[PDB]
K.L.:
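Take this structure first; my questions come after.
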Amino acid sequence: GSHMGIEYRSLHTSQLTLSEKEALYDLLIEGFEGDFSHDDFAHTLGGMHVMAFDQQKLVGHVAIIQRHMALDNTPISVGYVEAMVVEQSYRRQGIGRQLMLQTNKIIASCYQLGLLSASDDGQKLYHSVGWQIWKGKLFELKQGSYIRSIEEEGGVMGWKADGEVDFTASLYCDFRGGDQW
Amino acid sequence: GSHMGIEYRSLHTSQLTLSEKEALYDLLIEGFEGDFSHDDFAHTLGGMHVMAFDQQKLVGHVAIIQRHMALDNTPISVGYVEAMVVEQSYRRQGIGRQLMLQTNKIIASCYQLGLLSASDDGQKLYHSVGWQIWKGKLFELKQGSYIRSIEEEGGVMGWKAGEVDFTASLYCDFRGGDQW
Ligand SMILES: CC(=O)SCCNC(=O)CCNC(=O)[C@H](O)C(C)(C)COP(=O)(O)OP(=O)(O)OC[C@H]1O[C@@H](n2cnc3c(N)ncnc32)[C@H](O)[C@@H]1OP(=O)(O)O
Ligand SMILES: CC(=O)SCCNC(=O)CCNC(=O)[C@H](O)C(C)(C)COP(=O)(O)OP(=O)(O)OC[C@H]1O[C@@H](n2cnc3c(N)ncnc32)[C@H](O)[C@@H]1OP(=O)(O)O
Ligand SMILES: NCC[C@H](O)C(=O)N[C@@H]1C[C@H](N)[C@@H](O[C@H]2O[C@H](CN)[C@@H](O)[C@H](O)[C@H]2O)[C@H](O)[C@H]1O[C@H]1O[C@H](CO)[C@@H](O)[C@H](N)[C@H]1O
Ligand SMILES: NCC[C@H](O)C(=O)N[C@@H]1C[C@H](N)[C@@H](O[C@H]2O[C@H](CN)[C@@H](O)[C@H](O)[C@H]2O)[C@H](O)[C@H]1O[C@H]1O[C@H](CO)[C@@H](O)[C@H](N)[C@H]1O
């Protein structure tokens with residue numbers, strides 16, 4: 001739909017054209033001012049994109065990836081939020097909020113828990129739509145064994161749609177290239 | 001689109017209505033003759049679905065879910081194929097093949113490797129569209145460390161759209177029920 005003149009579309013990676021993927025990369029690399037690696041780009045591909053347009057130009061994005069984690073010893077399906085960006089001139093105008101409202105709806109309909117790793121900019125937005133900083137320990141796979149993600153603790157945030165999740169439990173994430181969180 | 005009198009639609013789990021979800025569950029229960037658990041149903045939700053219809057009746061389905069695995073020591077992004085079924089009276093008319101052609105296209109656009117655990121009904125079909133038996137060892141997480149998935153070896157199949165060593169070990173991500 002469209003909200004205050006911005007069109008929002010929800011598209012799986014498999015539904016994007018090459019031109020649309022190139023436009024997405026340009027938006028993301030600019031939005032992070034270069035702090036966006038090739039591995040970061042891989043991490044935002046493979047799930048659902050919510051994309052914001054002013055006329056025909058892409059001006060905002062967020063992706064929701066499926067991840068498979070453990071909450072303590074229990075398997076938990078995760079909607080992992082990646083690569084939220086609003087083009088500079090469009091910021092503080094509600095686009096990030098609209099992207100997150102649609103992201104929350106996607107997570108609620110598919111997964112048991114939303115997770116993400118926040119920037120300082122992002123944290124205020126995710127707080128405003130009901131996410132909380134994860135309070136428990138974080139673990140990632142290195143060479144096939146779990147190690148503590150000590151530096152990422154305090155930066156990961158979560159959201160439970162249906163009911164309650166123990167924010168103090170330990171999370172064990174699945175393996176990928178680059179940054180695990 | 002359409003193919004040979006059957007309509008095909010691709011959609012993400014997040015777009016399913018409750019009625020569509022219930023119809024999918026009923027199709028899977030009937031098509032697997034009940035060999036399909038609540039965990040199996042969870043495993044087919046969260047990714048892309050390709051659905052086949054005779055006019056308005058759901059007659060076929062396959063899902064592609066994103067998984068995060070290790071190939072030996074290297075991370076590999078996986079399109080994991082779940083819950084392919086065609087209603088019994090519609091079988092052997094090419095619906096499964098059309099579902100797999102669309103599945104291959106989704107995997108090729110999104111992931112580095114396709115993987116699935118086969119049934120005897122599907123194995124020759126998967127072979128016919130490029131899939132091959134995984135020859136390497138399979139591992140899964142139990143109590144936070146990897147153990148060999150010995151019973152599943154020989155039944156997992158893979159598809160490379162590139163080059164992939166089909167003798168490498170695969171380390172899958174953690175879920176409930178059957179890991180493969
Ligand atoms: C999971 C991840 O992707 S983390 C990475 C987040 N992305 C980045 O850091 C890239 C650079 N930054 C951006 O692209 C943007 O600043 C975003 C995406 C973080 C926010 O997008 P915006 O469209 O500006 O957010 P929006 O206008 O909807 O803000 C909604 C509320 O969130 C809060 N908020 C948003 N941005 C900020 C900010 N920079 N500082 C303080 N509060 C903020 C405010 O409460 C705001 O409400 P208000 O404007 O009425 O005070
Ligand atoms: C990853 C997974 O989902 S594994 C589980 C697969 N699903 C099941 O076992 C549920 C029960 N079985 C079914 O629903 C169906 O038998 C399916 C989905 C496996 C196949 O669906 P169909 O629509 O019948 O497949 P389709 O008609 O496209 O067959 C294409 C080719 O695959 C082969 N094939 C398909 N089914 C069989 C079979 N039961 N026995 C031998 N060969 C078969 C044949 O070579 C066939 O070509 P042909 O008909 O010209 O001889
Ligand atoms: N002290 C070390 C912190 C550790 O490196 C870490 O958590 N690092 C965090 C790793 C995450 N993958 C990053 O995720 C965010 O940005 C990525 C691109 N840069 C996107 O791909 C990702 O989709 C998004 O979600 C996140 O931004 C990083 O946060 C860190 O970098 C931010 C930018 O400077 C800071 O604002 C944060 N306070 C700081 O913790
Ligand atoms: N000997 C041990 C076999 C081991 O249990 C195993 O690999 N078991 C395999 C476990 C997989 N999760 C199953 O996956 C298939 O069927 C599931 C529903 N039953 C779907 O959810 C799944 O989406 C699909 O992909 C797969 O079919 C099972 O295969 C086994 O059961 C099949 C049906 O009887 C046989 O035809 C196979 N030859 C046999 O290996």
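Naming: A, B, ... by sequence-line order, numbering from 1 per chain. Whatever order the structure lists ligands and atoms in, that order sets their numbers, starting from 1. Header lists the method as X-ray crystallography, 1.4 Å. Heavy-atom basis, side chains included; hydrogens, waters and symmetry copies ignored.
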K.L.:
Determine the main partner chain of ligand 4 by heavy-atom contacts and give the name UniProt assigns.
P.N.:
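By the greatest number of contacts, it's Aminoglycoside 2'-N-acetyltransferase.
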K.L.:
Please tell me which drug sits at ligand 4.
P.N.:
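PDB records call it amikacin.
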K.L.:
Could you check which other chains have heavy atoms less than 4.0 Å from amikacin (ligand 4)?
P.N.:
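By heavy-atom distance, the answer is B.
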K.L.:
By chain and residue number, what forms the binding site of amikacin (ligand 4) with heavy atoms closer than 4.0 Å?
P.N.:
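With heavy atoms under 4.0 Å, it is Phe32(B), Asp35(B), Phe36(B), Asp40(B), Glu82(B), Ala83(B), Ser117(B), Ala118(B), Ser119(B), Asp120(B), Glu151(B), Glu152(B), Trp180(B).
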K.L.:
Among all the protein's heavy atoms, is there at least one whose distance to atom 8 (N) of amikacin (ligand 4) comes out below 4.0 Å?
P.N.:
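Given the 4.0 Å limit, the answer for atom 8 (N) of amikacin (ligand 4) is no, no protein heavy atom qualifies.
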K.L.:
Would a search of protein heavy atoms around atom 31 (O) of amikacin (ligand 4) find one under 4.0 Å away?
P.N.:
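Looking at atom 31 (O) of amikacin (ligand 4), one finds that no protein heavy atom lies closer than 4.0 Å.
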K.L.:
When only distance counts, is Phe36(B) in polar contact with amikacin (ligand 4), meaning an N/O pair under 3.5 Å?
P.N.:
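By distance alone, the answer is no.
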K.L.:
I want to know if amikacin (ligand 4) touches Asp178(B) in the polar sense, i.e. an N/O pair below 3.5 angstrom.
P.N.:
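Between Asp178(B) and amikacin (ligand 4), no N or O pair is found under 3.5 Å apart.
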K.L.:
Short list, please: which atoms of amikacin (ligand 4) are under 4.0 Å from a heavy atom of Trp180(B)?
P.N.:
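Near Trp180(B), the atoms of amikacin (ligand 4) are 12 (N).
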K.L.:
Please list other ligands or ions under 4.0 Å from amikacin (ligand 4).
P.N.:
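I find ligand 2 (acetyl coenzyme *A).
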K.L.:
So which protein heavy atom does atom 2 (C) of amikacin (ligand 4) come closest to, and at what separation?
P.N.:
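Scanning the protein heavy atoms, the shortest distance from atom 2 (C) of amikacin (ligand 4) goes to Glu151(B) O, 3.7 Å.
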K.L.:
Would you say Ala83(B) has any N or O atom under 3.5 Å from an N or O of amikacin (ligand 4), going by distance alone?
P.N.:
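Between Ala83(B) and amikacin (ligand 4) (N or O atoms, distance only) the closest approach is under 3.5 Å.
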K.L.:
I'd love to know which residues UniProt tags as binding CoA in chain B are close to amikacin (ligand 4), meaning a heavy atom under 4.0 Å.
P.N.:
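Within heavy-atom range of amikacin (ligand 4), the UniProt set gives nothing.
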K.L.:
What atoms in amikacin (ligand 4) come closer than 4.0 Å to a heavy atom of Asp35(B)?
P.N.:
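Near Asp35(B), the atoms of amikacin (ligand 4) are 18 (C), 19 (N).
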K.L.:
Give the UniProt domain of chain B containing most of the residues in contact with amikacin (ligand 4).
P.N.:
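The majority map to UniProt domain N-acetyltransferase.
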K.L.:
In chain B, which residues that UniProt lists for substrate binding have any heavy atom less than 4.0 Å from amikacin (ligand 4)?
P.N.:
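By heavy-atom distance, the UniProt-listed hits: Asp35(B), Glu82(B), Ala83(B), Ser117(B), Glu151(B), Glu152(B).
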